[PDB]
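A structure with novobiocin.
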Amino acid sequence: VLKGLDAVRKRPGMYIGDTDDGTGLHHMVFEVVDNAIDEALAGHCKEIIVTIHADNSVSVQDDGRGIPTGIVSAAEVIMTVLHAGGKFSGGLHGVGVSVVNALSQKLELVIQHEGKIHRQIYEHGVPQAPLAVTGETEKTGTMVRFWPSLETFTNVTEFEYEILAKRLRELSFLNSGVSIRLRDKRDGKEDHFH
Ligand SMILES: CO[C@@H]1[C@@H](OC(N)=O)[C@@H](O)[C@H](Oc2ccc3c(O)c(NC(=O)c4ccc(O)c(CC=C(C)C)c4)c(=O)oc3c2C)OC1(C)C
């Protein structure tokens, strides 16, 4: 529900981890990647691309199946409901992307599959309009890009390349075969963990 989100916004730290030391802020990046890494362990994703935007926004693009689009879409459901369809200083593990959505001033969702492109925009967890096809494609994959809420995150508010590179590096190693790339639009630094 709408309340479901209210609860998250009310006590973010309980779900995401500490909101003042940079922990929660970077964990917002990790949950999304973990979702992509799961699509890879499933056998459908081969490459993951993680980009830091100079507007202090982070995007994660994958070439997996694309969250099912058909009918509210199931994708909308994954983005707005707590442990959708199931059950559950670092906050929660596998908290779900709905929690990253709720704690985001803005989140943009882009999905490709079945020859189409679908997009939807949310604000503080709320869809600003329905999910719609915007064009045609031959590729498949999910792209999530979000802008953390400044009413939730204090003190350490800007993403830091070093923190992500250490973890993405660990993730590729522990998940042999998965290719993850990291790019810093702020300075042109890029990394490829294989
Ligand atoms: C964040 O969404 C994640 C996905 O994340 C990424 N990055 O792909 C991924 O981690 C995993 O993705 C799944 C997990 C299960 C199915 C899955 O069972 C599919 N097969 C279907 O036949 C199907 C077709 C229509 C439909 O409404 C549903 C149920 C919807 C679900 C499970 C989200 C499933 C499918 O097409 O894609 C799937 C996908 C893409 O689970 C989600 C949806 C929570």
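All residue numbers in this chain count up from 1 along the given sequence. Ligands are counted one by one from 1 in listed order, and the atoms in each one are counted from 1 as well. Values below: every heavy atom of this structure, side chains too, minus hydrogens, waters and symmetry copies.
In this structure the chain with most contacts to novobiocin is the one UniProt names DNA gyrase subunit B.
Ligand-side atoms of novobiocin in range of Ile67: 1 (C), 2 (O), range being under 4.0 angstrom from any heavy atom. Interface atoms of novobiocin facing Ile78, defined by a heavy-atom separation under 4.0 Å, are 2 (O), 33 (C), 44 (C). Using a 4.0 angstrom heavy-atom cutoff, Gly64 does not count as in contact with novobiocin. Nearest to atom 23 (C) of novobiocin by heavy atom, out of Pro68, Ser73, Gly86, is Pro68.
Every atom of novobiocin with a heavy atom of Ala36 under 4.0 Å away is listed here by number and element: 7 (N).
Considering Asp34, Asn35, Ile111 only, the shortest heavy-atom separation from atom 3 (C) of novobiocin involves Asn35.
A heavy-atom separation below 4.0 Å is not found between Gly96 and novobiocin. Within novobiocin, the atoms closer than 4.0 Å to a non-hydrogen atom of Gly66 are 40 (C), numbered from 1 in the order shown.
Heavy-atom proximity to atom 7 (N) of novobiocin, evaluated over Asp62, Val77, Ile37, is greatest for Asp62. The residues of other chains having a heavy atom under 4.0 Å from novobiocin are listed as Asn35, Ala36, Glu39, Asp62, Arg65, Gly66, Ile67, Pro68, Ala74, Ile78, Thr142.
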